[PDB]
Structure formats: C-alpha cells, structure tokens
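Structure (with thiorphan).
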There are 2 protein chains.
Amino acid sequence: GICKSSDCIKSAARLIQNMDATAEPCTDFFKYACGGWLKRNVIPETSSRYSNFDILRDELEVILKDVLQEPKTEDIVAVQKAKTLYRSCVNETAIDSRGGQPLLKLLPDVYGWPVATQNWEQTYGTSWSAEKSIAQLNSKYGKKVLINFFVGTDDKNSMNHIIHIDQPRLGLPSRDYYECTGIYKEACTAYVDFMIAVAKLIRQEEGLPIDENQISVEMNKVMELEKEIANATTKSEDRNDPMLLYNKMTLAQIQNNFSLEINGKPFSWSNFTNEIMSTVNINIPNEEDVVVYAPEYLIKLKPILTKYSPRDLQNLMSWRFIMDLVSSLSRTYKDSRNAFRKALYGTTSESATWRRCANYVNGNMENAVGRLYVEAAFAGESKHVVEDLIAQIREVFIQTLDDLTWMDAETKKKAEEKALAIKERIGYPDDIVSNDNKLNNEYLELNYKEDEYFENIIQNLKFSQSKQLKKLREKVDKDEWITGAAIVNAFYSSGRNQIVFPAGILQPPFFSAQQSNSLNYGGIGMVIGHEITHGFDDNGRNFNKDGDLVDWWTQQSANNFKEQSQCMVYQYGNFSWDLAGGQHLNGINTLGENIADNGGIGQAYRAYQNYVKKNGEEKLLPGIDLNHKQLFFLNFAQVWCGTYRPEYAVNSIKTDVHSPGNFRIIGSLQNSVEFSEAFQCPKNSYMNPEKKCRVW
Amino acid sequence: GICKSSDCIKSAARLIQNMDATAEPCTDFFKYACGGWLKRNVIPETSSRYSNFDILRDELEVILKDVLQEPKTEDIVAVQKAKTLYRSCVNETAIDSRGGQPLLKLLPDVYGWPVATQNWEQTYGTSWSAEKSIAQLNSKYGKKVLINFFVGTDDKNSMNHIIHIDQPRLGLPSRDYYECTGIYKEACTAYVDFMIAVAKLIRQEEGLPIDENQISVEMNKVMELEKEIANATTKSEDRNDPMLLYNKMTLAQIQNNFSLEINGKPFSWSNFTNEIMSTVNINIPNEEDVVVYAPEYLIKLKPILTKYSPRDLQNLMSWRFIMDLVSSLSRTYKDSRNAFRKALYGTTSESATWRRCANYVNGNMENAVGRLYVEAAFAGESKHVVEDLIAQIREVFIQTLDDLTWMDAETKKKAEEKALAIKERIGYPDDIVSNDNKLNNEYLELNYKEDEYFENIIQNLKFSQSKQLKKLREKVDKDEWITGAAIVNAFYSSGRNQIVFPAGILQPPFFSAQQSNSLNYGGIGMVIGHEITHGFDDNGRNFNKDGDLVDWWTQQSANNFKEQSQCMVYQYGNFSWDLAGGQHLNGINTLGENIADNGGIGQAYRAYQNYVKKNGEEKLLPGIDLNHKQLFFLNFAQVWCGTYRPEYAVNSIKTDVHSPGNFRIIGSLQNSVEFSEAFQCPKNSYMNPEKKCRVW
Ligand SMILES: *[C@@H]1O[C@H](CO)[C@@H](O[C@@H]2O[C@H](CO)[C@@H](O)[C@H](O)[C@H]2NC(C)=O)[C@H](O)[C@H]1NC(C)=O
Ligand SMILES: *[C@@H]1O[C@H](CO)[C@@H](O[C@@H]2O[C@H](CO)[C@@H](O)[C@H](O)[C@H]2NC(C)=O)[C@H](O)[C@H]1NC(C)=O
Ligand SMILES: *[C@@H]1O[C@H](CO)[C@@H](O[C@@H]2O[C@H](CO)[C@@H](O)[C@H](O)[C@H]2NC(C)=O)[C@H](O)[C@H]1NC(C)=O
Ligand SMILES: *[C@@H]1O[C@H](CO)[C@@H](O[C@@H]2O[C@H](CO)[C@@H](O)[C@H](O)[C@H]2NC(C)=O)[C@H](O)[C@H]1NC(C)=O
Ligand SMILES: O=C(O)CNC(=O)[C@@H](CS)Cc1ccccc1
Ligand SMILES: O=C(O)CNC(=O)[C@@H](CS)Cc1ccccc1
Ligand SMILES: *[C@@H]1O[C@H](CO)[C@@H](O)[C@H](O)[C@H]1NC(C)=O
Ligand SMILES: *[C@@H]1O[C@H](CO)[C@@H](O)[C@H](O)[C@H]1NC(C)=O
Ligand SMILES: *[C@@H]1O[C@H](CO)[C@@H](O)[C@H](O)[C@H]1NC(C)=O
Ligand SMILES: [Zn+2]
Ligand SMILES: [Zn+2]
C-alpha cells in the first residue's frame, strides 16, 4: 500500500533531506521541517537571503542562460534583440575599457553634477530650473526625485489612467535608515563614502583637480538634505489604507495648496508636469485631474527646499541618478558600491554576471524571455489541472464565508460576488508563442548594440517611461499580463481583481503531476489561497469586484475585520528575530501578507480534505513515517527552509512586506487547528497556543 | 525483497536523479549514468571543475567551517591556533585595510622587484647573486624558480633522505602554454597583462611614477625569458620512467657537468645548496650524494641565463613570488588576477572566503583540522569494515596473477611478494585524537596573530620549508601519515609501498554501512583496487616491496608489460575531448592512472561476486529497475558525474595525471568484459569494442 515508483522516491528523498526527525514538530515546526536544510546549506557570498524559494529563482536563471547564451540563428528579431542585449551585458572586457565615459557623456543632459564640474553656474546654472531638472530625470531615465510623478490606474476608475503624485523613494532602503544611529551606523557611513568614492573617481577621469576638502563638505550637504526629506516623508504604516491616500484634485488646486519655492522663485506645477508629458506629446491643462497620495509630504517639503541653493538641489538629484548607474560602468566604478552594497545586503561580491544579465533581460523583455522559457521548461498539460485547482479553492473560500462569525449576511453576499468575479491568469499569454509578428513589433523601436551596453540600458530607461506615460489618455488594457512567465512568484491585482500564477511557480515543490496531491495542495494550493485572500486583506478588501476603490463593507463587518486582523498585528509583532539582533517584525506592514498566509493555509487544507473524500486516500511515501495529512504541512513548510544575512535581516523588516520564512511557518501554523490535529500537539505548546488568530 | 529504509530511499533517488534512463548504457555509459546530473547541476562561477567528487569536498568544507568559526573553552592549544589562523583569514575588513603593505614591506627579502623599485641596481644590485636569490625563495617561501631544490626520500634507499635537483615549474600550467597560439593565445596575453597590472598597483601604493611603456618593456622581457626556460624543460612524456630520471652524483660532479654562468661570473652549486641548507644549520660538502632529475634541462640552461642581466632575472624570479601572494592582499590586488585566473581556469570569481580559509587551515594544520573533522563527522566503526575490504581485493589481485598470460612464473611470485607487503592506512592517525600533548607539541613554534593574516601565511611558508629541510640527516619516519584526515581522496606511496584512505573519502557514494554492498564495492572497493594497482603501473612496478627503486622484472615480462600498457596509451590517446576544443587526452601522462582504473574495477567486481557467492543476493532498490551487478558499475560511474570549463579542460589535459571523469568511465568499461556482460552489450558497440586492453 506504499508507493514505490520513481517519482515517489525522488519526492520522499527531498522531504527527508530537508527535515530533521529528531526535533519535535510541536516545539518548532520550522526547525523540524528544515533541520536538515540548515545544516547542509550555507549562505552564498552573493546572496543576502538563501532559501528553497530563492534556489528556485536560481534554477530558473539557469534555464534563462541556456536559451540566451546560445545563438540559435533561426530566431525572430525579438529573440535576437533579447540575446544581443544579453551579450552586451556579459562582455565585461568591452565595458571595462570605457571607464565612466558613457555616464559622463550624458551628464550634461541631466544638468550635470555640480561636484564634478569645473564651472557649473555659467554652463548650466543660467538655464537651470527645478521643474525641468526633475522632469528630465523622470521622463527620460525614470529616476523619481523630490516629487514622484507617474501615470497609473485610477483607484476609483479601474478603466482609466490618471496622474499620481506621491512621495519618492530614498537612496537608502527606507526612511528609518536616515536615523544613522545604532543599527544604521555603518549604512550612513558607507552611503556618504559611496558619494565621496564616486566623486573622487569621476573627477579623476575628466582630468580635473582633486579638491578633497570640498568633497567631504559638499557631499554632507547631500546627506543632510536627504535626511530632511526622509524625515518629511510619511511612515509606511500610515499608508496602508487606500481610502485615506486617495486625494483627487486639479493641477491648479495642486498649485494652490502645495506650492514650493526654488531659488527664491515659486515652483510651477504646470511647467513641471508638462515638461514630463511633452515627451509623449500630451498637454496637461490646469483642470487635469491628479490623484495626490502624500499631501503631508508636499506640505513639509516647502520649508525644507527653500533653505538650499540650486547647486545643493542638483547634487542630490544627480547623485540618485548616478548611484544606480555606477554598477554598469568599468570595474573601477563597480567596486565603489561594494561597501555600500555590503552595508545593505551583507554580500561580499556581486552575483554572477550571467545571472544579473538573465534577470535584466527578463525584466525589460518579459514577453520574449517568457517565450523561450515556456518552450524549454513548462509543460502544456499543467493548464487544466491548475484551472481546476483554482476553482476548487475558489469554491472553498465561498463555502468558508458562512463559517466566519465576524461578518454579517449582507457583507458576505457581495464578498462572495467579488470572489466569483476573480479572473485567473495561468502559465503565459498565448500570443508570445503563436504570433511572432506581434512580438517583433513590441520591441521594434529597440536597437541594441553588442559593445554598447550602457547605451542599451539608457534606451531601456527611455523606452520604459515612454511606454508608461503614453497610457494617460488610453484605457487600461484588459488582456495585459502584470508579469512575465519566467517568474517564481504569484500575484494579485487589486485594480484588476485577478490572480496570476506564472509558469515559474508551477513546478516542484509547488505543483507537479508526478508528486502527491498532499504536496500539490500543500504547495500550489496554499499559493492559490494566498493570492485569493490577498483580495480581502487590509488593502484589497477596499476594492470591489470591478477593481474600483469602493466600500462594500458594513460598519460592523469592517470593524470586526480590524479586530480579527489586530490579533495578527500583535502576534507577528511579538516575534523576535535572532538574525536581526532580537528586533521584532512589523505587524502592520506584514499584515496583508500574514492574512493571506493564515487564510491560504486553511483553504488549501480544506480543498485537500474535499479531494480526499471525493477521490480516495493516497499511498504513503516510502522512507518517511508521516501520513498525507502531515505531509500537507510538511511541503508547505519546506518551501521556506532558509536563512538571512544579518545586514538583509534589518533590510527586510523595513522594506519587505512579507514576513521571513521562519515566522511564515510559525505564525500560520500557530493559528491552525488542523495543524495541531494532524501532529497531535499538546495544549499551550509553542506551535499550539490556546489564543489563535482567525480572519479567513 | 526491496529495501524501504530512509537511507535506501535517498540513496536510490541519488542514483535516479543522476542517471538518464533515455540513454543507451552500451552506446555511452557516461551519458547513461550522468545525463541527469548534467541537466541538474551547473558549474558554479567559482569552480574550474564541478563533479560529484568536488561536491564531497564542498560539503566537507562546510564541516570544517562549523568546527573552526566559533572558539570553545576546552580547545587545546593546537585547536586554538587553527581557529586563530582561520579568524585571521576570514576578516576581509582587516585585509582590505592593509592594501599591499604586507607585501611591499616584505619584497626586500627576495631582492625586491626591479620594475617596482625606484632604483633596483642601487638598492639590491650590489649584494645580489643568483645563488642567494634562488636560495631565499626556496628555503623561506617554497617558491621554486630556475632550479628546483628539495630534500626528499631517496628513490633507491627508501629509508634515507637525499637532496633532489630537478627542473622547476612555470608561471603557466605547462611548457605548452608558452607557444601562445590557438588555445594558449588568451593565457599568454592575460599573463603579461597580469604582470603589468601588479607592477602598476605596487608602484601606485609606493607613490612612484607610472610609466606604461617602460613597464610593458620590462614585463615582455620576463615573458621572453620564461619562454626560453620553458622551452628548455624536458617534456612530461619523457619523465614517466623513474629508472631514467634517477641520476645520483656528487655535488662536485654537478659543478662539473652543469656549470652555469650568470652576469659573467660562474655559478657556485656549493654556495647555492649551502645557502639553502644553512637555514637548518646543515653543511653540504662536495662529496654529498645528490639526485639530479633533469640533466638535459640544466645543460640547456647554460646559454640562456648568460644573455640576461640581474634585473631581468629578478624581474622573473620575483614575479613568480608575487603572483602567488597577490590573492592574499586587499581586493584591488585580488582583482588584478581576474583576467589571468579566467584564462587558466574559466572562473569569473575567486571562491568563497570561508571556503579558502577552511581549506587553507586544513592544509597547514592537517592534524589539528583532521582532529576536529573525525570527531565531528567520521564514524570509527568504518575502519574495521574497510580493513576487511582491502584484504579481499588484495587477495583478488594475487589470485588474478594466475589469469595473466603475459607474465612468467618467477615474476608472478615477486608481484605477489610486493602485494603482500603493502601497508594500509585507514581513517586518521590515532595520535591526533588520543594524545593532546603530542598534537600541541607539533605546533609549538607557530604563533599566529588575530589581525595579521599575511604575516601568518609567511610564517607558515618558513615553517613548512624548515620542517622538510631539517629531515636531510633523519631517517624516513614510517608512521608519518602522507595526508590529512579531512581529505576526499586516496593515495599510494611508492617509497612506502602503502595505500592510504583518509576519513574524508570513507563516505557516500564511496562507502556507507547503510549502503548496498554493490555500491560499496563499486565505490570504495574500486578505490582500494585503484590504490593497490598503483603499485604495479608503469611507475609503481619499478619499486620493490620495501619501496626501493630496483628492477625485479625479467626482460620478457618488462617487455610484455610495456606492450600491454601501450594498448591503453593508444586507447586513451585516441579520445578526443569536446570540452577541450577537440584536443586529445595524453595517453602517456595519464597511463598510470588509466592502468589503476582498469585493474581496480576488475578487482572490485571480482571481489563483489565472491561476496555474493558466500552471502547471497541483496535486496533491490525501490524505483530502480536494475540488478546489483548493474548497480556496481552504476555507482562507479556516478562518482565522476561532472563537467569541465573549456579553459580548464585545456589546463587539466596537460597538468592532471588523471583522465577526465568522462573517459575514466568510458575507457575502463570499454576494457571490461564483465561490464558488457552485466548490461548485455552487443559486440563492437561503443562501450564494448572487441579489442580490449588488459594489464592487471
Ligand atoms: C567583447 O568586447 C571586446 C572589446 O570590445 C571585443 O574584442 C574586440 O574584438 C574586435 C573584433 O573585430 C577587435 O577588432 C578588437 O581589437 C577587440 N578588442 C580587444 C580589446 O580585444 C570582443 O570581440 C567582444 N566579444 C565578443 C564575443 O564579441
Ligand atoms: C517651462 O519653463 C521654462 C523656463 O521657465 C521654459 O523654457 C523656456 O522656453 C522658451 C521657449 O519655449 C525659451 O524662449 C526660454 O529661453 C526657455 N527658458 C529657459 C530658462 O530655458 C519651458 O518652455 C517651460 N515648459 C513648457 C512646457 O512650456
Ligand atoms: C627551444 O630550444 C631548442 C634547443 O634546445 C632550439 O633549437 C635550436 O634552434 C637554434 C636556432 O634558433 C638552432 O641553431 C639550434 O641548432 C637548435 N637546436 C636544437 C637542438 O634543435 C629551439 O629553437 C628553441 N625554441 C624556442 C621557441 O625557443
Ligand atoms: C656527467 O658528465 C660525465 C662526463 O662528461 C658523463 O660521463 C660520461 O658519459 C659518457 C657517455 O655518454 C661516457 O662515454 C664517458 O666515459 C663518461 N665519463 C665519465 C668520466 O664518467 C656523465 O654521463 C654526465 N652525467 C649526466 C647526468 O649527464
Ligand atoms: O515576494 C517574495 O519574496 C515571495 N513571494 C510571496 O511570498 C508571495 C507573493 S504575494 C507568493 C507566494 C505566496 C504563497 C506561497 C508562496 C509564494
Ligand atoms: O586527485 C584527483 O583529482 C582524483 N583522485 C583520484 O582519482 C585517485 C587518486 S590517484 C583516488 C580515487 C580513485 C578512484 C575513484 C575515486 C578516487
Ligand atoms: C522632522 O520634521 C518635523 C516637522 O516636519 C520637525 O519637527 C522635526 O524636528 C524634524 N526632525 C528632524 C530629525 O529633522
Ligand atoms: C576584523 O578586523 C577589524 C580591524 O582590525 C576589527 O575591528 C574587527 O573586530 C575584526 N573582526 C573580528 C571578528 O575579529
Ligand atoms: C657564498 O659566497 C658569498 C661570497 O663569497 C659568501 O658571502 C656566502 O657566505 C657564501 N654562501 C655560503 C652559504 O657560505
Ligand atoms: Zn503575498
Ligand atoms: Zn590514481
């Protein structure tokens, strides 16, 4: 009665290697399911996080390398451009010869860097303006500085595009880094030294004298100004409510309530917005509807920018433009980021060149890379199986509504309607394989050179912003895929109300026709339930079935959701992470993902129980003394067998909206009654507390 | 009748995942046993060769990391010094903060580097001499330049040490690289560029002017000088006969035959040899017996060294010294080797720091690191079982002498006599665990500092050469192990007539108590046969049972041996390696290893069939539709599932005395009648040619 086939041996052996039978499952199920993984695997020098989830990304990068490094001649122009971009990225010999010339030759286009110019006031200072300066970095290179301008979807009109105004990102991962005290001591030191090291090497290449006394003082003005901008930004905890962030107004209204003064002159919003939208031939009148997401940031931005000169402003705006480009120059400019990269990620060396180029080509040509990947790794028979698995889990969430006691009847009536209206995207769009002409025309305006890699990334920056800004007057494409097929992940779209499962995640240990059903539901089954619950967490619940930001909750049901979810904010907020110096996780930022974990793990187990009583039990796996009910939670846990670097542990707490894999297993199973039933966990154990959170 | 234990499950899955069931075992058994490995495992960026053999080493380095990183309160002095050395090695922050100062401060000790010296003739030219320059690089750092000097075991008196004089190695892997054409074109370009880069970095750190043209002139003379020296060395194919290399002559006879003139003055051999041995306070008279291995090289060296100045010679001798230390300095000096390292190994990055550190401490403190390894990963119950396996294969070799028709009766008895006198070493020396005083006393003179890694490696260089030079008047210690315990390899000593099997290799897939006997005989059993046959190949046969280079072969048997061995010279010479760009294997320089492979697997298989006759058939493995006779050859082949980088396939084809793993499987099994019977291979198939080579 025990399976003995080839696939059952390879499946069971993988589970036996990762787990540790000597540990108790009810004391620490992470160390029970990953005890063997922790002893065997060591964090590579190029990885800030290493887990079975990250290994799958590396194995996918391998397949991308085989289909790109091989000039298969009989390829369409799109695939040729995809490979030519790949070759230009790997030839370090040609890149190391230019030094920093390709970056220094286009600096006059972004009004130059004042620290690296002999006389900047006479050459650029006369025609300088904060409007055209921010616009050039935005419209041409996609670098959002000072004010973040981008054309996105209308939250209350999912069919239209609209201009968004929000606070920008920072040179450091988060605004918490600009405290520069305690755990952020080395980061700020390596960040200012990153400026100085680049400032020294740039002046040396232009034949200008090295005035080291001015560089140490002028670059601290860039840090002093950016700390004030970080202090003026709004915390990410106060930005999780989409209803509170939506502030639509006209451009003339933006000029009235959010005025700015640059160099003693008032800032012109119409001039700034038109300097961006003129690149795509679109005029922005004063009655243009614009959604402002950070109104408090723009208010605090006025008293700060009036205290700095145009030279001090261009030093910060140009530095943000250069710090993301020194890694594409010669080795003399690549290694200047090592100290800065080590402070934020702990990696001693950058990842493999072919690995970076495989991700970059997959990021800028996701339809062509996905074409080669699905033809060389993805099996076509996986479509109908995942389609049926979604329908099973979709129906599970519908039936689970009546079991939930924290919602009234009217809220569940249309909460089911949103779940019924969820559309699905599985595998890859069919037009990237059957229509070579459409794929060729998609990258028609792209022209890559074999020995001009820096001119190809600049062309990709201009092409990305040009494509995005042109959608302002156009409707939202209903057939557009939000991701490529060569991605080991899953997604949910609040504005589209759809769940997307690319081919990169439809593989072991998530899903396989040759692995047990207890592992499929424990793998991809929890994934499907995760993305479906994402339409009902602290962010997606504010969107209706049509992707519009409309309140369909009653006051009693909406208040109970905040009460049910408050349990998880305190649970994950009390988790002390030993890899981050005992610091705790953010129970507010990780809330949306924790709701999808605890909700998805229960729906996957429910859909699996419905499959067992319908199709019968399964034969046990040889070599492991666990029933298929216990194998369900084992496969779920073994997905996140991993460990973090100390530097990235502090980074993921403030930047990653997910919890670490250690606590994604602990927190989700602590609130799972079906987990404690399968392993017969005693009362008040670490994995079976009497107080359990429950939302979906 | 199928094994169902947890160890059998992961053992069978390893066999299933590595093999390719779609391939034909009789068309290409390498593809049949490794086709799955080739798709599953890809060469890392830090590996010139990646195979199942190298993975066992990569896994062992992890165990070394765990037993060396964290200090413990009960550690003995020897363990404390190893961890002190390891901690000094991993601190990349302290290493980068020193730049090249540890090397610049040391360079005067080797008469400096003329190209990187402000005035080499004024500082070192007065007291410079070739006798002292070669001697200091030999006795203090182990850098053998121009003339190779070392104190080793007498070939004909295995109980005595004696001075050896031989041709040195080169900066490139072999003399063939100095053709600098075709597959060697890139190596020479990066070689000279390597010299120029280091010459620029050292002068820049010294604050000296940089002359691009002058450095290029002096470094091309270095290549020009080393081209002649390489052209003067005897080919490796002409150095496999130990009887033809043994030329014992007095020091006065060396001065007469191999006179050298340098800078117009005659070279004093007595001055040179005594400048080395004075470091251990040993005088070398002119009656001293010396073994000269390369008389043709020393003669061809006469007209070469006269045409070069003291600056030209020192520019080459110091460069050989510097090129091996540049990877121990800051990152700037590490990156100067990138183009050179990629040309010879294909690696785009240096391996992980902790991996190099663990391997370095394991190499300089093998008894301390071996102690920490066997106490943490090696089961002592393995030694008795391996002792029993050696006795079976040893008896099989003696019984095989009756089947050999190419030997007369009196030579068979002498072959049996040497086989009976073979000593064995299994696991680890007992002293490293049971005698803490002896282990601490071994490293008494070593004293490491926490933050001076370069000072520690230089101290290890003096101590390493000092320990061997002081053995000149000492008898060869018979109990002294020839390898550390934490080594994944096996060794045979011709002078000791003993076979060694360290604990690192007594592990899966070689040996395991939880492993099928068919796999143990195909794994460690073949290794034991490989080691015993080493004493009877084209080199081992020239030594008697006590390890002395004496002729015990009749003229007919010696002629018949060379005829039987000539078969394998053609068989392996005709193998064309695709990874090497179509180059063929060196059947002469790989003859000994090919003989040991062919003879060994036949002994292990015959020993396995004798075991099955007495103990009975074993249980089949799950998911594998193969019998145990087939699993014998399968486990033997799966040890060598791997691939080479093209840059290193050219390297290993001239340096590695072993054949590639691809052809060790093909070549050995092509000559195995039992293999073609076990898999039912038709005659004249690729794996079953009707003409088969046979020695042992
Ligand atoms: C990678 O880039 C290098 C440098 O641009 C290329 O090497 C050049 O190749 C052209 C081919 O005609 C020669 O004329 C140049 O003299 C070469 N320059 C150097 C410095 O060697 C190289 O060809 C590129 N790699 C590939 C695969 O195209
Ligand atoms: C935004 O304002 C700038 C200047 O404030 C405008 O640039 C001027 O353009 C006119 C002709 O279009 C020139 O005669 C001026 O010399 C320019 N001024 C400077 C300082 O260069 C720019 O045209 C405005 N943007 C839009 C879209 O009208
Ligand atoms: C390698 O060394 C050999 C000698 O050991 C060189 O052969 C000599 O070449 C010169 C002319 O260059 C002749 O006059 C001699 O008669 C040759 N002698 C022998 C024994 O062949 C050979 O040229 C050297 N090759 C290189 C590349 O340096
Ligand atoms: C060292 O030199 C001596 C003398 O030149 C060599 O001995 C001679 O070898 C030849 C054979 O070619 C004989 O004909 C002579 O009678 C020998 N003379 C003496 C005095 O022994 C000796 O072979 C040389 N050794 C090496 C290793 O080349
Ligand atoms: O963003 C990441 O780092 C990984 N992505 C994730 O953790 C989610 C993205 S919502 C997808 C997923 C859900 C459930 C199980 C597996 C995977
Ligand atoms: O040194 C090497 O590269 C590999 N060493 C070997 O191949 C031999 C050392 S001669 C040991 C061995 C024999 C047979 C099988 C496994 C291992
Ligand atoms: C941050 O800004 C607030 C007002 O916006 C101000 O009161 C506070 O002092 C600022 N803090 C820092 C560190 O600049
Ligand atoms: C590494 O060296 C630096 C500088 O010498 C020192 O500050 C640091 O403490 C060292 N690290 C360890 C682990 O000893
Ligand atoms: C070699 O000769 C030099 C000069 O004659 C002398 O100073 C030196 O001591 C000699 N070497 C030895 C080892 O005696
Ligand atoms: Zn998620
Ligand atoms: Zn060998």
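The chains carry the letters A, B, and so on, in the order of their sequence lines. We number chain A the way the PDB entry does; in order, the residues shown are 55-750. Here chain B follows the PDB entry, giving residues 55-750 in order. Order of appearance sets the numbers: ligands from 1, and atoms from 1 within every ligand. Excluded from the calculations below are hydrogen atoms, water molecules and symmetry mates; all remaining heavy atoms, backbone and side chain alike, are included.
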Which components of the model belong to thiorphan?
ligands 5 and 6
Of all chains near thiorphan (ligand 5), which one has the greatest contact count, and what is it called in the PDB entry?
Neprilysin
From which other chains does some heavy atom lie less than 4.0 Å from thiorphan (ligand 5)?
A
Any other ligands or ions closer than 4.0 Å to thiorphan (ligand 5)?
ligand 10 (zinc ion)
Provide the nearest UniProt active-site residue in chain A relative to thiorphan (ligand 5) and the minimal non-hydrogen distance to 1 Å.
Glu585(A), 3 Å
Enumerate the Zn(2+)-binding residues UniProt records for chain A that place a heavy atom under 4.0 Å from thiorphan (ligand 5).
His584(A), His588(A), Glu647(A)
Could you check which UniProt-annotated peptide binders in chain A have any non-hydrogen atom under 4.0 Å from thiorphan (ligand 5)?
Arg103(A)
What is the organism of chain A, as given by the entry?
Oryctolagus cuniculus
Which UniProt domain of chain A dominates the contacts with thiorphan (ligand 5)?
Peptidase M13
State the binding site of thiorphan (ligand 5) (non-hydrogen atoms, cut-off 4.0 Å).
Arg103(A), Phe107(A), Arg111(A), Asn543(A), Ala544(A), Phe564(A), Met580(A), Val581(A), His584(A), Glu585(A), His588(A), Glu647(A), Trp694(A), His712(A), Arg718(A)
